[PDB]
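Structure of zoledronic acid in complex with Farnesyl pyrophosphate synthase.
To find a chain, count down the sequence lines: A is the first, B the second, and so on, and within it residues start at 1. All ligand and atom numbering here is 1-based and tracks the order in the structure. Heavy atoms only: backbone and side chains are in, while hydrogens, waters and symmetry mates are out.
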2 protein chains.
Amino acid sequence: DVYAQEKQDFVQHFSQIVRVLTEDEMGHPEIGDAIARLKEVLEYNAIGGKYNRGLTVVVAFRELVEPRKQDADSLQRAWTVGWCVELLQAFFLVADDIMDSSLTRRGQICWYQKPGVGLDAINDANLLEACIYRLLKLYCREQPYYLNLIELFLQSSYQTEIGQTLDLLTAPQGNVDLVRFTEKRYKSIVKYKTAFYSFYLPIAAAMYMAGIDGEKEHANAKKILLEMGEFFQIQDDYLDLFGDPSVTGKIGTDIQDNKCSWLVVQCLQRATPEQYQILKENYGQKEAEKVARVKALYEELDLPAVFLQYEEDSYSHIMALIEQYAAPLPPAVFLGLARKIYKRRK
Amino acid sequence: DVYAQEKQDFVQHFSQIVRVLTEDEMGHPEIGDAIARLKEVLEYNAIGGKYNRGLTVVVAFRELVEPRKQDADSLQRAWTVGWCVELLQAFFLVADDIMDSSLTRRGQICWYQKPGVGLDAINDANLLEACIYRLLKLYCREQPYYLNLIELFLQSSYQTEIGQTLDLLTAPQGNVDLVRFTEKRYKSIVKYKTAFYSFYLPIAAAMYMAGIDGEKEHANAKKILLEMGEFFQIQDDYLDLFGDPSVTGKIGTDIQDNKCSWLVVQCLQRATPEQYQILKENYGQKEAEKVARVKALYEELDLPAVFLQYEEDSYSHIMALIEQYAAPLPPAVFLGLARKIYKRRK
Ligand SMILES: C=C1CCC[C@@H]2[C@@](C)(CC3=CC(=O)C=CC3=O)[C@H](C)CC[C@]12C
Ligand SMILES: C=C1CCC[C@@H]2[C@@](C)(CC3=CC(=O)C=CC3=O)[C@H](C)CC[C@]12C
Ligand SMILES: O=P(O)(O)C(O)(Cn1ccnc1)P(=O)(O)O
Ligand SMILES: O=P(O)(O)C(O)(Cn1ccnc1)P(=O)(O)O
Ligand SMILES: [Mg+2]
Ligand SMILES: [Mg+2]
Ligand SMILES: [Mg+2]
Ligand SMILES: [Mg+2]
Ligand SMILES: [Mg+2]
Ligand SMILES: [Mg+2]
């Protein structure tokens with residue numbers, strides 16, 4: 001709602017992002033075709049999602065900066081840093097789609113699945129990542145938060161890469177152990193792979209933009225935002241099987257890819273020993289009838305109801321955590337973002 | 001020789017690089033297995049090469065800093081930033097080996113060809129890249145060049161990514177045009193893909209470390225170092241076909257992968273029209289007997305002698321350029337590095 005009003009202005013800022021990334025180096029004409037490829041890379045892989053992470057930067061920045069400091073320029077930078085978060089997303093997703101062997105993202109074919117792209121997508125991703133640092137220098141080089149922002153985006157990438165390594169190490173292809181799929185391991189994976197970049201990064205970005213740089217106000221924000229990130233990823237895992245691909249824009253692969261999904265952890269916690277074996281025989285394999293058998297087993301332990309039950313308790317806990325740690329920040333910052341992910345199905 | 005003395009001290013600094021990258025986050029035990037994977041990623045993909053780029057940082061830093069400023073700490077940082085260049089290399093190479101479909105690198109199997117790695121290598125690469133920025137913060141956070149160094153490593157990555165995009169766009173699989181393979185296009189490709197990160201980056205890194213930050217002293221260094229980078233890449237293209245894989249540590253793929261190699265550009269400049277057609281029919285295809293036919297054609301126009309002739313003229317020109325633009329820097333800086341690549345065959 002605070003999100004939904006601001007969407008349109010934020011999406012229109014994208015034409016200029018692209019202009020400035022295409023223009024400022026087209027005074028080197030020799031790379032023109034590279035630049036043209038960048039444009040394509042951006043339009044295919046930055047557009048088409050819900051923009052919530054990039055919107056979170058703009059919304060929070062509105063709520064933390066005094067409106068007499070929100071000049072036209074200061075807002076440009078807010079929307080630009082918003083788009084920097086978006087490009088980080090795009091970067092990890094393009095590479096994740098390859099490592100996860102996914103088919104669709106945001107309602108279209110994955111970039112690496114497009115005829116004539118393939119594993120060139122690897123360098124496409126890396127460019128998306130560089131564009132972040134290009135814009136920071138363009139729009140924020142002279143701000144006193146410029147270095148905070150750079151360290152923040154770099155630190156959040158390392159964290160999410162450490163998370164992916166854990167994601168991939170725990171899901172080796174053609175190689176079961178059910179046994180590594182614990183709660184402790186799960187929470188660790190999801191903390192690093194999703195929670196820093198999807199929640200802490202954008203709010204912190206907007207904190208540094210407003211001049212709130214103190215270690216304690218960041219750690220407290222962090223406490224709320226990691227826990228919301230855990231919830232968000234459990235939701236992502238539930239939607240990978242039980243979501244509607246016309247809503248989510250994507251087809252699940254967690255069972256196939258042998259993943260430490262929340263579903264499988266819960267499953268294992270509930271399974272009779274012979275249910276265990278059915279899982280053993282059928283998990284992490286590409287065969288459609290073996291996936292279907294796992295799903296049935298999940299359904300047979302009411303894991304969709306266990307998800308709906310988790311969602312309520314997590315929500316109540318995040319809200320407790322907001323009552324606890326929001327101060328001295330406006331609680332609307334956390335509340336608007338919790339509203340945005342509660343009940344969600346894309 | 002200045003290189004060859006300093007090698008051993010530089011390579012021994014690698015144990016500590018790895019220690020500090022493994023230690024400083026092992027106070028989070030939950031990621032321990034990620035960290036262990038990093039260690040592996042580093043030992044396989046940072047070790048085994050000639051270290052010339054990372055050595056160039058240490059050598060030049062010795063030559064530009066007054067020896068009364070080369071305290072133990074100041075040298076730590078030199079060797080560390082040396083290793084940061086090395087990790088940039090490692091990052092691009094791991095990804096290049098995938099996009100080039102290569103077999104071996106540095107005398108062993110490519111990381112992505114190892115059983116149980118595969119396309120997980122994508123995230124391995126990204127980590128290598130993050131490690132650069134981790135070390136900069138660890139060893140240089142309080143230096144007045146810290147931000148110059150960060151912008152330099154980021155800018156050099158964007159440039160080399162723009163170069164790779166050009167490299168890949170000009171070499172679409174199963175799709176000849178001989179016709180895009182010009183001199184102008186060639187020089188552009190090689191400038192961006194190799195010349196900034198392999199030559200300008202390390203010397204500039206060492207300039208910023210010595211407090212030489214002026215735009216004019218950088219542009220002049222740049223003028224020498226881009227041209228040396230062009231030469232170095234033409235050498236790389238010649239070795240891809242005519243090099244000895246026990247020296248180079250790697251097997252060629254430029255013809256197979258349909259690349260704008262220097263060899264093919266030269267070829268096209270020399271070809272009778274019916275030689276042209278032989279090239280047309282045989283270039284950019286995986287079939288061993290069609291590659292052999294191209295090689296024969298290259299040999300039939302004495303392109304190895306044309307390479308030996310280019311090498312001499314380029315050398316004389318780089319030396320002219322050094323006479324022109326080295327000032328006020330010690331010419332030994334450029335000379336030691338030109339000695340290192342003249343006559344080279346790994
Ligand atoms: C799984 C996700 C969680 C993180 C967000 C991300 C978005 C919503 C896109 C998006 C673009 C942007 O510019 C800024 C923020 C964004 O969130 C995509 C569509 C689907 C959900 C996904 C992939
Ligand atoms: C093609 C190249 C040109 C750039 C350098 C690079 C090295 C020599 C490794 C290396 C490691 C390091 O830490 C610092 C510098 C380095 O050069 C590898 C072995 C082969 C040549 C290669 C791949
Ligand atoms: O399930 P994943 O972690 O691979 C995913 O959530 C992507 N992602 C990657 C890192 N954090 C989130 P997606 O379902 O978008 O494929
Ligand atoms: O030939 P390439 O450019 O792919 C190569 O030189 C790697 N490289 C990549 C960018 N710059 C240099 P290598 O021969 O090492 O595979
Ligand atoms: Mg995925
Ligand atoms: Mg994934
Ligand atoms: Mg998922
Ligand atoms: Mg290659
Ligand atoms: Mg290549
Ligand atoms: Mg080569």
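Counting every copy, the structure places zoledronic acid at ligands 3 and 4. Counting only heavy atoms under 4.0 Å, the other chains near zoledronic acid (ligand 3) are A.
Residues contacting zoledronic acid (ligand 3) within 4.0 Å (heavy-atom distance) are A/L93, A/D96, A/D100, A/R105, A/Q164, A/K193, A/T194, A/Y197, A/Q233, A/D236, A/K250. It turns out that the other ligands and ions under 4.0 Å from zoledronic acid (ligand 3) are ligand 5 (magnesium ion), ligand 6 (magnesium ion), ligand 7 (magnesium ion). Here the heavy atom of the protein found nearest to atom 9 (C) of zoledronic acid (ligand 3) is A/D96 OD1, 3.6 Å.
Applying the 4.0 Å criterion to heavy atoms of A/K250 picks out, from zoledronic acid (ligand 3), the atoms 13 (P), 14 (O), 15 (O).
Residue contacts with zoledronic acid (ligand 3): A/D167 is placed with no nitrogen or oxygen under 3.5 Å of a nitrogen or oxygen of the ligand (distance criterion only). Closest protein heavy atom to atom 15 (O) of zoledronic acid (ligand 3): A/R105 NH1, 2.6 Å. The PDB records the source of chain A as Homo sapiens. There are UniProt dimethylallyl diphosphate-binding residues of chain A with a non-hydrogen atom under 4.0 Å from zoledronic acid (ligand 3), namely A/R105, A/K193, A/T194, A/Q233, A/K250.
With ligand atoms numbered from 1 in the order given, zoledronic acid (ligand 3) contributes 1 (O), 3 (O), 6 (O), 12 (C) to contacts under 4.0 Å with heavy atoms of A/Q233. When hydrogens are left out, the protein atom nearest atom 10 (C) of zoledronic acid (ligand 3) is A/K193 O, 3.2 Å; that is the closest non-hydrogen contact. A/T194 OG1, 2.8 Å is the protein heavy atom nearest to atom 11 (N) of zoledronic acid (ligand 3).
Using a 4.0 Å heavy-atom cut-off, no UniProt isopentenyl diphosphate-binding residue of chain A is near zoledronic acid (ligand 3).
Of the protein's non-hydrogen atoms, the one nearest atom 4 (O) of zoledronic acid (ligand 3) is A/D100 OD2, 2.5 Å.
Protein heavy atom closest to atom 1 (O) of zoledronic acid (ligand 3), with residue, atom name and distance, is A/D236 OD2, 3.0 Å.
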